[PDB]
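Sequence lines set the chain letters: A, B, ... in the order given, protein chains first and strands last, and positions in each chain run from 1. As a basis for the values below, the full set of heavy atoms in this structure was taken, side chains included, without hydrogen atoms, waters or symmetry mates. As the structure lists them, so they are numbered: ligands from 1, and atoms in each ligand from 1. Header lists the method as X-ray crystallography, 2.5 Å. Only part shown; contacts counted inside that part.
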Amino acid sequence: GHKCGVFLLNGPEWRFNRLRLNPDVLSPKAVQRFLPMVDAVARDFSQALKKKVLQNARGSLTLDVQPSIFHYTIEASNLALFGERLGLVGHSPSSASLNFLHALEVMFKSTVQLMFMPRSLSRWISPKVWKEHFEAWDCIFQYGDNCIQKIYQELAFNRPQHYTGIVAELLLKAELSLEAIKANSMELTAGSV
Amino acid sequence: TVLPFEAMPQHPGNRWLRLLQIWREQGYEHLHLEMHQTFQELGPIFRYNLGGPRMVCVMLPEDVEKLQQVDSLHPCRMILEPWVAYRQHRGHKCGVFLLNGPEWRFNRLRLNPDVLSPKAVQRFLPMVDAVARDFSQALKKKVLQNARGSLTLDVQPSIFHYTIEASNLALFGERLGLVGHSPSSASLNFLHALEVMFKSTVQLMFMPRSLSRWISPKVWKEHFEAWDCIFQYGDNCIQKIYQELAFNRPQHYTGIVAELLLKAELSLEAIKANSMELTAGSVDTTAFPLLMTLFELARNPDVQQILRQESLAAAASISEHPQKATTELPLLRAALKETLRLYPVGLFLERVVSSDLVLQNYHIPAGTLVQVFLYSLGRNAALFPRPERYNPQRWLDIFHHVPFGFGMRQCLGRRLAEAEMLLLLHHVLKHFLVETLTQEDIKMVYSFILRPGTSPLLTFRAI
Ligand code: HEM
Ligand SMILES: C[C@]12CC[C@H]3[C@@H](CCC4=CC(=O)CC[C@@]43C)[C@@H]1CC[C@@H]2C(=O)CO
């Protein structure tokens, strides 16, 4: 019983959402405002990595960077989107953090499984996969909703005089209903990693 | 007219349908609401068909006062069979909470000076304060990393870890490193075992061992394994301090248990059993009232601002002398009084009376089980004008406050608990605004301790 974000909407519900999202998510004006926040996380990634590199006698580190890049993007997007700093860059992955990366990967896999066949057929051919897919989404929504309940309750009490992120702008303006904001916020959270 | 015992109203409950409903639901989560409505139905006293022995439930300061006048020299509570059973199974002695008689008194009197007495607070309160300052520093650093200078979280885990840490420093002189850091596994195992110990206690305390041993044997192994874990945790603390003192007896205060071991008035075995009571009893009993207060303060920001006012005024002197926080923050102490009136961790006081007495002008014979239900007591509109209101002034204007019990059996950890709560609040109040959207009543649940069924999302905004 959730609303669909701009990705899954067609027609005029889509256009209503989109025109109320371009200004704070996509415009050059919004980029001027979040780019410095993103820069901070990027700076931090490079410093954390350098500390490790300089501890080594050959002055290099040789690693699979994928994990730490994924945690960079989770951190960067969460700061840009919600104005919170998760503490994931330069430290170890949290367990919410890893569960979220896993849930996304399972959600993508199962997507392909279910994608190329009608619900009428996939229902009985691959019911265990519908279960997997929905479980992945429950975990994703769990993570995204934790984020939004935090920002919502923070913004009901004080309207900051300064920029504290993309979703903050949407909530301050309150041009979209709460449910619409929640739906679009989920797409940006899930889609930003 | 001193009316005879029988005149007293009777609970419509069948001893047997209660056992069966506990067996079935695996608990009695509504105990407090039931007793409350019964009091609304049948007045401020009633009796329970226990099948022979005499149970009476009261809820008036009047009645508690009389009750203190019939504490023998050896005030007596009813054997909690499941707890004692575990002790005797592993060959341990019983600490003060599970003793009656001569042996209770011998232990208690060798415990008051170092755990409860004013001279003990003065020594351990600075250590507690050190942990409370750390709690807020750790929180401020997290908060200031956020663009809006605030963090919104379920605070239950970090508040429980504060009580573990503060209690441990006070009790053993050790810093466990659980404030401003993650839970250890030993930490989570301990909290889990406490939770399960409590849950199973309810199951086994409401039917004789007679039946429970074969009706719910899985509940027994569950209870014992929880205690095994709790003892493992508490024994490790004891092994450490014991070894350290055997090689060096310090010249400065290093906590409550040290004082006990140094004096060696009690046997090691008796010291071991009382440390386990303090270690086990110092976590949830304190954590939950602390959470309820944060919640009430967040629903009542006007009251919060008044409490902040005075904590800022005293900020100065308290950081110079932490020991003065007891005296200098009397409005914050009133708030605790107010939290425990509405949300008493110990739901009911309990005495098996050694003499006959009179309550509400009914005759109460000796050997009678008398229970004071503090939940209903705290909500009496008569003694507490506007009972539903969270108003610490209520206390400044004035046996109305007995959530720690009374007499010589009253809570041994009272001053510790109150230090831990008072100091955390004080330091939080100087630095943060506390806020929630979730303004609706939190439903309490009874599993031996009476605790919030839900944990609301609290925002801490830096000032
Ligand atoms: C807000 C927190 C607490 C509350 C509301 C509370 C409440 C109580 C109550 C109602 C009793 C029964 C008193 C009576 O029968 O008259 C009691 C006894 C006791 N409490 Fe607490 N308590 C708290 C915290 C603690 C802590 C932290 C400790 C350990 C440090 C502790 C240790 C004990 C012990 C050992 C007894 C048994 C004393 C005896 O039977 O002589 N309590 N407490
Ligand atoms: C407060 C309490 C008595 C004291 C205990 C507490 C639960 C935790 C606990 C564990 C111990 O090993 C020592 C006593 C104690 C601190 C009980 C919960 C309900 C009970 C009462 O309601 C007393 O009337």
* To do: Tell me the drug found at ligand 2.
  => deoxycorticosterone
* Asked: Which chain accounts for the largest share of heavy-atom contacts with deoxycorticosterone, under its name in UniProt?
  -> Cytochrome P450 11B2, mitochondrial
* Heavy atoms under 4.0 Å from deoxycorticosterone: which other chains do they belong to? -> B
* Asked: For atom 3 (C) of deoxycorticosterone, is the nearest protein heavy atom closer than 4.0 Å?
  -> yes
* Identify the closest protein heavy atom to atom 7 (C) of deoxycorticosterone: which residue and atom is it, and at what distance? -> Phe198(B) CE2, 3.8 Å
* Asked: What is the nearest protein non-hydrogen atom to atom 1 (C) of deoxycorticosterone, stated with its residue, atom name and distance?
  -> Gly346(B) CA, 4.1 Å
* To do: Looking only at protein heavy atoms, identify the closest one to atom 13 (C) of deoxycorticosterone and say how far it is in Å.
  => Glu277(B) O, 3.6 Å
* Asked: Considering only the protein, which heavy-atom contact is closest to atom 18 (C) of deoxycorticosterone, and what is its distance?
  -> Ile449(B) CG2, 3.7 Å
* Asked: Where on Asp284(B) is there a heavy atom closer than 4.0 Å to deoxycorticosterone, on the side chain, on the backbone, on both, or on neither?
  -> neither
* Where does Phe348(B) meet deoxycorticosterone, judged by heavy-atom distances below 4.0 Å: at the side chain, the backbone, both, or neither? -> backbone
* To do: May I ask you to identify the nearest protein heavy atom to atom 9 (C) of deoxycorticosterone, giving residue, atom name and distance to one decimal place in Å?
  => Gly281(B) CA, 3.7 Å
* Nearest-contact summary for atom 6 (C) of deoxycorticosterone - protein heavy atom, Å -> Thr285(B) CG2, 4.3 Å
* What atoms of deoxycorticosterone come within less than 4.0 Å of a heavy atom belonging to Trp83(B)? -> 10 (C), 11 (C), 12 (O)
* Write out the residue and atom name of the closest protein heavy atom to atom 17 (C) of deoxycorticosterone, then the distance separating them to 0.1 Å. => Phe448(B) CE2, 4.0 Å
* Write out the 21-hydroxyprogesterone-binding residues UniProt gives for chain B that lie under 4.0 Å from deoxycorticosterone by heavy-atom distance. => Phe348(B)
* Asked: Which atoms of deoxycorticosterone have any heavy atom of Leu347(B) under 4.0 Å away?
  -> 22 (O)
* Measuring from deoxycorticosterone, which other ligands or ions can be reached in less than 4.0 Å? -> ligand 1 (protoporphyrin IX containing FE)
* Which residues count as the binding site of deoxycorticosterone under a heavy-atom cut-off of 4.0 Å? -> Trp83(B), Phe97(B), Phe198(B), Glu277(B), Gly281(B), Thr285(B), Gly346(B), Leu347(B), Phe348(B), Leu349(B), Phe448(B), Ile449(B)
Note down each nitrogen or oxygen pair, deoxycorticosterone side and protein side, whose separation is under 3.5 Å; give only atom names and the distance to 0.1 Å.
| residue | atom | partner | partner atom | Å |
| --- | --- | --- | --- | --- |
| deoxycorticosterone | 22 (O) | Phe348(B) | O | 3.3 |
| deoxycorticosterone | 24 (O) | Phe348(B) | O | 2.8 |

